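Below: the structure, in structure tokens.
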Amino acid sequence: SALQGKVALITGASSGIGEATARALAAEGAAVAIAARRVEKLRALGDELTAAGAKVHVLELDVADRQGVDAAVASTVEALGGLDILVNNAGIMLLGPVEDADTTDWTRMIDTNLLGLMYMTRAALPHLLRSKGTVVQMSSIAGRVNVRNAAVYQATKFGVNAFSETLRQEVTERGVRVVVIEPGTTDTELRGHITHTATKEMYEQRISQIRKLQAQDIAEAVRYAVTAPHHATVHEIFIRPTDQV
Amino acid sequence: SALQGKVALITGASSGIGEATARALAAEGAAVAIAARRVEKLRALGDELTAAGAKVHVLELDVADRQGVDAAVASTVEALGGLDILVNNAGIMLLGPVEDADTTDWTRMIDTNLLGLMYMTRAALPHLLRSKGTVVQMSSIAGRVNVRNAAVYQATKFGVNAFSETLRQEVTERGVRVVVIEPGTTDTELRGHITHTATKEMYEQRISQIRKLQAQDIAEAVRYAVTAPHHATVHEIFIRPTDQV
Amino acid sequence: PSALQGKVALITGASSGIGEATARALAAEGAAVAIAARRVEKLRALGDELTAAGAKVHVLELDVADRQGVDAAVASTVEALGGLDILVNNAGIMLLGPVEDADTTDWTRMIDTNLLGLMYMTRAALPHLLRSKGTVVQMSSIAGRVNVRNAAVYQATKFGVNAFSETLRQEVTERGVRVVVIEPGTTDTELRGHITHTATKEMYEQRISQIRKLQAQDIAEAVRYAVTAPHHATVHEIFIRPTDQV
Amino acid sequence: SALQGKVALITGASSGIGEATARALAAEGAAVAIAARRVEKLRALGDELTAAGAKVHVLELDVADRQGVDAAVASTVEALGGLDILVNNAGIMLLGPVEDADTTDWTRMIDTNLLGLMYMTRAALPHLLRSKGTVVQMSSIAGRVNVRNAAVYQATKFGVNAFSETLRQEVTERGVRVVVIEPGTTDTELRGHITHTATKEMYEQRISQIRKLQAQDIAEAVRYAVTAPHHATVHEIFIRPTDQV
Ligand SMILES: NC(=O)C1=CN([C@@H]2O[C@H](COP(=O)(O)OP(=O)(O)OC[C@H]3O[C@@H](n4cnc5c(N)ncnc54)[C@H](OP(=O)(O)O)[C@@H]3O)[C@@H](O)[C@H]2O)C=CC1
Ligand SMILES: NC(=O)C1=CN([C@@H]2O[C@H](COP(=O)(O)OP(=O)(O)OC[C@H]3O[C@@H](n4cnc5c(N)ncnc54)[C@H](OP(=O)(O)O)[C@@H]3O)[C@@H](O)[C@H]2O)C=CC1
Ligand SMILES: NC(=O)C1=CN([C@@H]2O[C@H](COP(=O)(O)OP(=O)(O)OC[C@H]3O[C@@H](n4cnc5c(N)ncnc54)[C@H](OP(=O)(O)O)[C@@H]3O)[C@@H](O)[C@H]2O)C=CC1
Ligand SMILES: NC(=O)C1=CN([C@@H]2O[C@H](COP(=O)(O)OP(=O)(O)OC[C@H]3O[C@@H](n4cnc5c(N)ncnc54)[C@H](OP(=O)(O)O)[C@@H]3O)[C@@H](O)[C@H]2O)C=CC1
Ligand SMILES: O=C(O)[C@H]1/C(=C/CO)O[C@@H]2CC(=O)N21
Ligand SMILES: O=C(O)[C@H]1/C(=C/CO)O[C@@H]2CC(=O)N21
Ligand SMILES: O=C(O)[C@H]1/C(=C/CO)O[C@@H]2CC(=O)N21
Ligand SMILES: O=C(O)[C@H]1/C(=C/CO)O[C@@H]2CC(=O)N21
């Protein structure tokens with residue numbers, strides 16, 4: 001139990017990567033504040049983790065809401081005593097051409113993937129500074145490589161990376177570690193949300209012929225990064241499916 | 001006159017790089033639609049350009065306004081007959097630490113630098129597709145390199161770059177050229193807007209000891225890129241002050 | 001527990017630093033280790049240590065810049081240990097100094113060892129890795145990701161290693177050969193003792209004196225994490241920086 | 001004539017991009033030292049340029065030869081009075097898989113593309129420092145993007161870029177400008193040299209259905225960069241064929 005007595009706040013914890021990460025960190029002895037919009041799914045996970053001997057704090061949160069963000073962080077510190085690890089995992093992937101796009105796709109991705117992550121980072125920062133803690137940014141291969149029909153999604157993830165590198169420069173000397181996780185195709189609910197029907201089906205066929213990364217693989221990457229000695233910042237882990245060029 | 005009979009729409013044309021670019025493209029024989037919020041400054045530039053023999057269409061526009069963007073593009077095509085060149089130059093640079101930041105800095109930069117650019121791009125695209133035209137994105141060294149106290153600004157510019165590369169992959173085969181200009185320190189009004197006083201002062205001192213790039217230098221980069229033969233897409237020009245490591 | 005039981009790892013640059021720690025780490029996971037470098041005395045000492053701890057060891061005197069020596073070293077490893085599952089291309093040298101009026105033997109040495117030697121080893125190992133659906137680990141650097149003054153040619157070799165390795169990944173990944181690239185920042189090893197430009201050697205020492213450096217063991221743990229990941233996952237890049245260092 | 005009284009040394013001047021660049025610079029009034037191994041082709045070009053009113057210095061040079069490099073630079077400064085522009089254009093592209101590769105492909109590419117370029121840069125530097133001149137590195141899309149069957153070639157070109165950025169940091173404050181040109185597919189003799197037959201054929205098919213960049217397009221990129229005002233360093237120009245995703 002490398003994380004005994006530590007407090008982790010995980011956004012997007014109701015499914016996929018965030019759910020696996022919350023489990024992984026709790027398994028290492030961390031108290032976990034689990035945040036997302038689907039409260040019933042969070043409660044179900046919270047019950048499971050509590051029944052497994054973990055300390056859980058359930059947070060109904062929209063990361064795009066600046067006020068909600070500030071309250072969520074304050075609630076976590078109040079209920080669990082501090083903040084050692086923030087996992088900015090909440091995100092959505094809305095694929096489709098730039099041409100004649102539904103721009104609500106764009107505003108949603110920017111609010112959640114970029115602004116939400118930045119809001120959470122900022123609110124957590126005073127607490128992470130005191131605990132010499134770690135912020136883990138859930139980026140993507142989409143923050144390293146551009147492919148067609150993912151322009152704005154890729155814009156958000158490249159943006160996350162630049163924000164995070166800059167953040168590292170700003171806070172690293174005070175012992176706040178900045179970790180960026182960059183998964184390739186991972187088998188989650190993420191793709192079910194694509195609003196462009198033609199691209200949703202194109203993407204599904206594209207990834208149908210590979211062994212996908214599992215949510216647990218990515219949780220393991222986070223676990224490796226956060227349990228590394230404090231003098232080491234695993235700033236980037238770029239993990240790809242072996243089957244995928 | 002390499003651009004005779006062509007129409008260019010330049011956002012952020014009321015000062016700085018956009019003003020110089022509008023002059024440069026007009027000098028090459030292009031009809032210019034000049035867009036920004038300060039109508040008085042646009043009118044003054046429009047008068048000067050018209051007095052020099054250019055065809056000018058003045059557009060009062062906030063690029064963050066989706067509806068205003070659509071109307072501005074439609075107004076341009078109606079008044080000037082089409083669209084061959086879009087210069088997405090409207091932008092703001094609000095520097096300061098992430099820690100305890102004024103988050104209105106962030107929303108402004110994202111709305112203008114990222115969302116505004118993407119809105120203009122999308123609205124212009126049908127017209128650029130017909131004319132096999134060129135979209136010029138005004139990025140920055142901040143889209144290539146991260147320094148302290150520019151996290152969200154750099155996020156927007158790295159985002160612009162990823163969006164633009166992806167756009168290139170999507171439209172290049174149909175003859176729409178995607179050009180990204182990346183200036184280093186350029187002597188404009190840009191820095192006057194920084195809301196974090198300590199950072200504004202720090203930045204001023206940092207750039208006080210170099211010969212800065214001039215707005216005209218960047219206009220020249222744009223002119224070189226857009227007058228290149230159609231089979232060549234000058235996708236990136238990274239121009240730095242020689243005095244600046 | 002032993003995630004690499006029955007696997008064979010060949011580690012170049014095993015006589016000190018990161019390669020030594022990596023050979024220990026892999027052996028601790030149950031892998032048989034072929035340890036390769038030029039200082040045979042140091043290899044023998046490590047080999048004795050590992051053998052005494054219950055490991056299977058094959059000692060290889062090798063200059064990675066030697067194309068023929070490379071081929072023989074791979075052949076010797078597969079003959080002695082039965083196959084090849086993991087290659088760690090760790091052999092390397094860092095010769096810092098300005099471009100201006102540089103001692104160009106600095107350059108040829110770095111290119112021969114860091115770039116060409118790594119490529120030769122990769123190529124010779126590949127038929128064996130293809131059969132075993134194995135993993136090649138490239139020891140790159142922060143120098144393959146960021147450029148600073150007085151490390152022009154070294155950074156050229158490391159950026160070169162990264163492009164070579166990404167391209168390799170595209171070529172072999174579908175046949176189940178995983179390409180892993182490890183990118184340490186400042187790590188406390190013998191590496192810097194070799195700098196021939198005296199002024200730069202001193203400048204570098206002062207710059208890194210103010211930080212808690214990465215340990216060779218930290219980097220070995222990165223390698224361990226990457227190679228013990230399930231086969232369907234290729235941890236293509238791990239970029240590990242000293243927390244103290246902007 | 002923006003380069004009147006300037007001296008340019010161009011490596012790889014016997015064909016392709018180097019030939020076009022030597023013509024373009026001479027057209028701007030620069031004296032040109034033209035260097036390559038095929039003396040006969042250099043003399044024919046030298047005759048052409050001299051007949052057009054240019055000052056020409058013919059140099060038989062293998063850039064992989066460190067002593068030949070030193071003599072070539074000394075010969076140039078002796079014959080033409082100094083050195084204002086170096087174009088490191090000599091290069092070879094030997095494509096093929098890593099698996100079972102002919103490793104003489106590798107040593108040739110490293111000797112010419114990387115070491116030869118570095119040798120030339122180093123020998124020229126004292127002279128460039130005096131003249132506050134410009135070094136132009138002929139990199140490639142292969143220094144920016146990795147594709148299959150170009151591993152070692154891409155290694156040399158990514159290497160050239162890192163070397164050159166580092167060089168910029170080291171010499172830029174003393175007024176030596178470092179320019180990196182990155183062409184995509186350009187119609188030259190380059191591809192005729194590929195030793196791996198299957199890959200040579202695969203590459204030819206790949207580039208058969210695009211309008212390729214012309215050697216003259218690349219020469220124009222060099223010309224734009226070197227005639228920019230001294231306070232501006234056009235550090236990167238990334239030029240892609242518009243037809244090529
Ligand atoms: N799956 C993949 O192939 C890859 C995914 N990623 C990244 O991983 C992250 C997690 O997504 P993934 O697990 O894949 O897919 P999921 O859809 O399963 O997870 C997304 C999670 O984010 C939450 N969420 C979405 N919007 C908000 C919001 N406005 N406020 C708070 N929480 C929100 C969702 O919970 P709820 O709806 O209850 O709010 C959900 O739990 C994303 O950042 C994604 O970009 C990166 C690389 C590869
Ligand atoms: N100066 C520099 O060192 C560098 C600048 N850049 C980029 O260059 C671009 C132009 O900036 P620069 O000329 O330097 O500085 P300026 O402030 O002089 O120009 C910015 C222009 O953008 C306009 N603008 C701002 N917000 C909006 C909006 N929401 N809608 C429409 N127009 C808007 C302003 O006009 P108005 O107020 O009338 O609307 C103004 O004309 C920006 O994209 C910037 O990021 C990139 C690299 C270096
Ligand atoms: N130390 C650091 O801060 C960092 C180092 N690195 C990389 O780590 C790798 C290992 O270096 P590190 O452990 O740091 O320093 P060391 O000097 O301690 O290790 C270098 C190892 O490589 C071997 N070696 C050198 N040249 C050759 C050659 N021609 N043929 C075979 N073996 C050779 C040496 O053994 P011998 O002399 O007996 O042959 C030695 O075992 C290098 O590739 C380096 O670039 C990357 C990031 C940071
Ligand atoms: N064509 C393309 O698609 C692209 C090419 N490039 C780069 O452009 C540069 C020039 O190539 P390009 O013009 O296309 O092809 P060419 O083969 O036509 O030109 C290469 C030139 O380099 C010379 N050369 C080769 N080896 C040496 C050497 N050892 N010493 C001195 N000169 C040498 C050749 O002349 P000689 O045999 O007489 O010595 C020739 O003049 C290269 O660096 C290449 O990597 C970059 C991006 C795209
Ligand atoms: O490679 C993939 O699976 C997907 C992806 C998935 C989630 O980041 O992100 C990038 C954009 C895209 O379509 N890629
Ligand atoms: O280098 C500079 O002058 C400035 C800049 C200016 C406008 O992009 O962008 C980056 C962010 C910053 O502070 N840099
Ligand atoms: O950051 C550092 O400590 C050193 C280094 C060390 C080993 O790669 O590589 C890069 C080049 C340099 O000076 N950096
Ligand atoms: O895109 C291309 O045409 C070629 C190329 C050509 C010359 O650098 O460089 C990259 C490596 C490759 O195959 N690409």
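So that the names make sense, note that chain A is the first sequence line, chain B the second, and so on, each numbered from 1. Whatever order the structure lists ligands and atoms in, that order sets their numbers, starting from 1.
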PDB drug name, ligand 8: clavulanic acid
Name the macromolecule with the most heavy-atom contacts to clavulanic acid (ligand 8) in this structure, as the PDB entry names it. clavaldehyde dehydrogenase
Tell me which other chains have a heavy atom under 4.0 Å from clavulanic acid (ligand 8). D
Heavy-atom contacts of clavulanic acid (ligand 8) within 4.0 Å: D/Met93, D/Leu95, D/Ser140, D/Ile141, D/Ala142, D/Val147, D/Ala150, D/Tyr153, D/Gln154, D/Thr185, D/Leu190, D/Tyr203, D/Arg206
Atoms in clavulanic acid (ligand 8) with a heavy atom of D/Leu95 nearer than 4.0 Å: 13 (O)
Heavy-atom contacts with D/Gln154 under 4.0 Å: which atoms of clavulanic acid (ligand 8) show up? List them by number with element. 11 (C)
Is there a nitrogen or oxygen of D/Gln244 sitting under 3.5 Å from a nitrogen or oxygen of clavulanic acid (ligand 8)? no
Which of the numbered atoms in clavulanic acid (ligand 8) are under 4.0 angstrom from any heavy atom belonging to D/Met93? 5 (C), 6 (C), 7 (C)
Under a 4.0 angstrom heavy-atom cut-off, which atoms of clavulanic acid (ligand 8) come close to D/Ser140? 7 (C), 8 (O), 9 (O)
Hey, which organism does the entry list as the source of chain D? Streptomyces clavuligerus
I'd like the atom pairs linking clavulanic acid (ligand 8) to the protein - N or O on both sides, separation under 3.5 Å - with distances to 0.1 Å.
residue, atom, partner, partner atom, Å
clavulanic acid (ligand 8), 3 (O), D/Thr185, OG1, 2.6
clavulanic acid (ligand 8), 3 (O), D/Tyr203, OH, 2.7
clavulanic acid (ligand 8), 8 (O), D/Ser140, OG, 2.5
clavulanic acid (ligand 8), 8 (O), D/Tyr153, OH, 2.8

